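Notes on a structure featuring phenolphthalein.
By convention here, the chains are lettered A, B, ... following the listed order of sequence lines. The PDB entry numbering applies to chain A: residues 21-301, 303-307, in that order. In chain B, numbers come from the PDB entry; the residues present are 22-301, 303-307, in order. Quick note: numbers below take in every heavy atom, side chains included, and nothing from hydrogens, waters or symmetry partners. Counting starts at 1 for both ligands and their atoms, following the listed order. The way this entry was determined, per its header, is X-ray crystallography, 1.8 Å.
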Amino acid sequence: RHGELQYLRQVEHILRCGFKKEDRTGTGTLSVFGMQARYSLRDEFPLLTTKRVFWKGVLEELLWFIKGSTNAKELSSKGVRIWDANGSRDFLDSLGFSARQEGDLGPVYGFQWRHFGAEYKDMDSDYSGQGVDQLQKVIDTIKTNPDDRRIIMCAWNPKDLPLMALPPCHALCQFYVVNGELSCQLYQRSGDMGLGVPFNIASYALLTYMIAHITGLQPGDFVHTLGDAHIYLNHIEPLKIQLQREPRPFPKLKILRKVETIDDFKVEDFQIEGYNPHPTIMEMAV
Amino acid sequence: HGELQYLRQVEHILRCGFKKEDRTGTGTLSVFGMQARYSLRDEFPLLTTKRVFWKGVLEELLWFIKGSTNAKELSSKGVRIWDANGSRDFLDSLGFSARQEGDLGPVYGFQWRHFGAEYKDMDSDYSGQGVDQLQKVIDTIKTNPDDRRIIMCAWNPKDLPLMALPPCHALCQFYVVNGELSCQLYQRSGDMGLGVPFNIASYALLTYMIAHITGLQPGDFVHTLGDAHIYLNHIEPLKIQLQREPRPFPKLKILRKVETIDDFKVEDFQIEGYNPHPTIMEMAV
Ligand SMILES: O=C1OC(c2ccc(O)cc2)(c2ccc(O)cc2)c2ccccc21
Ligand SMILES: O=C1OC(c2ccc(O)cc2)(c2ccc(O)cc2)c2ccccc21
Ligand SMILES: O=c1ccn([C@H]2C[C@H](O)[C@@H](COP(=O)(O)O)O2)c(=O)[nH]1
Ligand SMILES: O=c1ccn([C@H]2C[C@H](O)[C@@H](COP(=O)(O)O)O2)c(=O)[nH]1
C-alpha cells in the first residue's frame, strides 16, 4: 500500500467529517483536531505525487534552519521566497519591529534549534556558542545513547514567542532508534492540508535522512502528528479533483557524498530520483 | 467503549512492538508513534480494566496548577509519586547536593506558570515572573477560541539540566469547535502498563477544569505517544488485563461553580460510578 494514501485518507476524512471552523485568515476551514500518519523512509522518500511539492524550497529552507539563520533574505537569495512576506517592512512594522532591518524574522526555528534560550538581538548578531544547540544534542545522543526516550528538538519557545514574526507551526520533534533505523515524529500544531502539510512531510523526512546519514543509521519512519488539521474552504474543489488521482511510486533520495557533520550538507549533496508528480492544480491563505 | 482504544494499543505493542533496551535496564517492547482519542462528552476516561490511582491524579494536577516544585507539598496530601525524585540520594546523583530534600527543580508546575523565569529553589517567590502559560491558554480560549496556537509546553531545553527528570508529558494543545474544548497531549515516552492510564486521567481532568472555567463542554482528549512501551516484566500482568471486559466509564462531576483555575480544590470533584476490576505490576526505576 502506497504511503501517500494515508495523506489522501486524511484529506478525505476532513472533507467528510471535519467541522466548519473560522480561522485567523478569514478564509474559513473544515477542521479535525488530532490526526496521525506514518510515512516509511525505507528505500523511498515521501515526496507527494498527486500534487507537485516545491522540493527546492524544502531543501533550501532546511539548510537555512540548520545554519541558524533568522534572515529571510538569506533564504530568498537561494531562489526561495516563502519567508519574504513575513520579513517585509510593512509586516514587521505591523508587529512593532520598526527597528528591525527588512528580513529580520526574530528568533524563529533555526535560532531555537541552534541557540535555544540565548538572548535575541537581531538577525546579523553573532550567536556562536550561545544557548542550547538542540540539533547537535540530538545528533550526539543518537550516537551515544540511541535508546534514549528524550531525543527532542523544540522550536516552541513561550518566552521568545512575542519576538517572532510567526509562532512556530512545526513545534516539536522527537527521534527514536531501533533495529539500526532512525525515526522522527513531528508535532505540528496546525496543518494546511492542501498546501502546507506536503511540504512539512518532505521537510522532516529530509531532516531524518540527513541525521541518519550523519549517525550511520538507516532512515526508518516519519510519524506526522497534527493538532488542527484543516482544509481551507477554497481548496475543497481542487482537492476533490486531486483525490481521484492515483499516487505514483515515491521517488528516492540519494546523498551523493559522505558527510560528517550536519553543518557540512549543501544543496548539491542531494538528488531526488524518479519524481513524477501529477500535473499541477490552489490559492494560499495569508 | 473508549477503553478499547487503550487496550488495542497494548495489544498492538505486544504483537508488533520491537524489543528495545532502556534507561532502567528492564527492557521493553516498543512502538514509536501512536495516537488514541478519548471522548470526554458525558463520561470520564478513568480506565476500568485496572484501577487508576485517581487521588494521585487529582492532587498531582492541583499541585501542578499552583506552580509547586516541592515533592513534600504533594506528599503531605498522601500522594508519594514524586518523593523518590526529591530524595537526598537521587538529588546527590544528579549533582544537586546544595538543594534541599523535595526540591525537584523547575519541572511541570514551574514551566506551566513561570516559563523562562530564573529558577532559584522551591521556596522562592516567582509571582509575576516568566510566562504563565496556563492562564494564557484560558484567556485565549475565552477571547479567541479559533486560535490554532493554544499551547502549554513543559519541555524547556534551557532548564532541562536543572530538573529532577526531563518532562514526559511534554506539550499540550487546546482546540475549540461547536462549543467543545478538546486537548491533545504529546507524551514523549509512555509506560503503557502503569503510567499511561494515569496520564490519560490527568489530562482529561485538566480539560474538564478548563472547560468549566471557560463555559465550554469537554470534547476529546487526543493522546499522542512517542516511545510507547511495555516493560518486559509487565507482559504477563497486561495479558491478564486484556481479557477483562471494560465497564462503562464513570462520570466526573464538579460540585460548584469555580471562577479561576487556581480556585479548584479536591472537594470540588466527585467521580461517580467507577467500578474497576481489581488492581494487578512492578515499577521501573
Ligand atoms: O509560502 C509558503 O509557505 C508554505 C510552507 C510550508 C511549510 C514550510 O516549512 C515552509 C513553507 C505554506 C503553505 C501553506 C500554508 O497555509 C502556509 C505555509 C509553502 C508551501 C509550499 C509553497 C509555498 C509555501
Ligand atoms: O509513582 C508513579 O508515577 C507514575 C506517574 C505517571 C504519570 C504521572 O503524572 C504521575 C505519576 C508512573 C508510573 C509508571 C512509570 O513508568 C512512571 C511513572 C504513576 C502512575 C500510577 C501510580 C504511581 C505512579
Ligand atoms: O509549516 C507550516 C506553517 C504554516 N502552515 C499553515 C497552517 C495554517 O493554515 C497556517 C498557519 O496559521 P496559524 O495556525 O498560525 O493560525 O499555515 C503549515 O501547514 N505548515
Ligand atoms: O508521566 C509520565 C512519566 C513517566 N512515564 C514513564 C515512561 C517511561 O517508562 C518512564 C520515564 O523514563 P524515560 O522515558 O525518561 O527514560 O516513566 C510515564 O509513562 N508517564
* Asked: Where exactly can phenolphthalein be seen in this structure?
  -> ligands 1 and 2
* Partner of phenolphthalein (ligand 1) with greatest heavy-atom contacts, name from the PDB entry -> Thymidylate synthase
* **Other-chain heavy-atom contacts under 4.0 Å with phenolphthalein (ligand 1)** => A
* Asked: Which residue and non-hydrogen atom of the protein lie closest to atom 3 (O) of phenolphthalein (ligand 1), and at what distance in Å?
  -> A:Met305 CE, 4.0 Å
* Heavy-atom contacts with A:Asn220 under 4.0 Å: which atoms of phenolphthalein (ligand 1) show up? List them by number with element. => 7 (C), 9 (O)
* Which residue supplies the protein heavy atom nearest to atom 11 (C) of phenolphthalein (ligand 1), what is that atom called, and how far is it? -> A:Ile102 CD1, 3.8 Å
* Source organism for chain A, as stated in the entry? -> Mus musculus
* Find all atoms of phenolphthalein (ligand 1) within a distance of less than 4.0 Å from any non-hydrogen atom belonging to A:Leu215, and give their numbers and elements. => 13 (C), 14 (C), 20 (C), 21 (C)
* **Nearest-neighbour protein heavy atom for atom 14 (C) of phenolphthalein (ligand 1), which is reported as residue plus atom name and distance** => A:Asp212 OD2, 3.4 Å
* To do: Would you mind listing which atoms of phenolphthalein (ligand 1) come within a distance below 4.0 Å of any non-hydrogen atom of A:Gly216?
  => 13 (C), 14 (C)
* **phenolphthalein (ligand 1) to chain A UniProt active site: nearest residue, heavy-atom distance** => A:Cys189, 7 Å
* Which dUMP binders in chain A, per UniProt, sit with a heavy atom less than 4.0 Å away from phenolphthalein (ligand 1)? -> A:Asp212, A:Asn220
* Asked: Looking only at distance, does A:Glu81 have an N or O less than 3.5 Å from an N or O of phenolphthalein (ligand 1)?
  -> yes
* To do: With atom 8 (C) of phenolphthalein (ligand 1) as the reference point, say which of A:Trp103, A:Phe74, A:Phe219 has the nearest heavy atom.
  => A:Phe219
* Asked: Which residues form the binding site of phenolphthalein (ligand 1) (heavy atoms under 4.0 Å)?
  -> A:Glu81, A:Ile102, A:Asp212, A:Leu215, A:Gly216, A:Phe219, A:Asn220, A:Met305
Contact table, phenolphthalein (ligand 1) N/O with protein N/O, distance under 3.5 Å:
| from | atom 1 | to | atom 2 | distance (Å) |
| --- | --- | --- | --- | --- |
| phenolphthalein (ligand 1) | 9 (O) | A:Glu81 | OE1 | 2.8 |
| phenolphthalein (ligand 1) | 9 (O) | A:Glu81 | OE2 | 3.3 |
| phenolphthalein (ligand 1) | 16 (O) | A:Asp212 | OD2 | 2.6 |

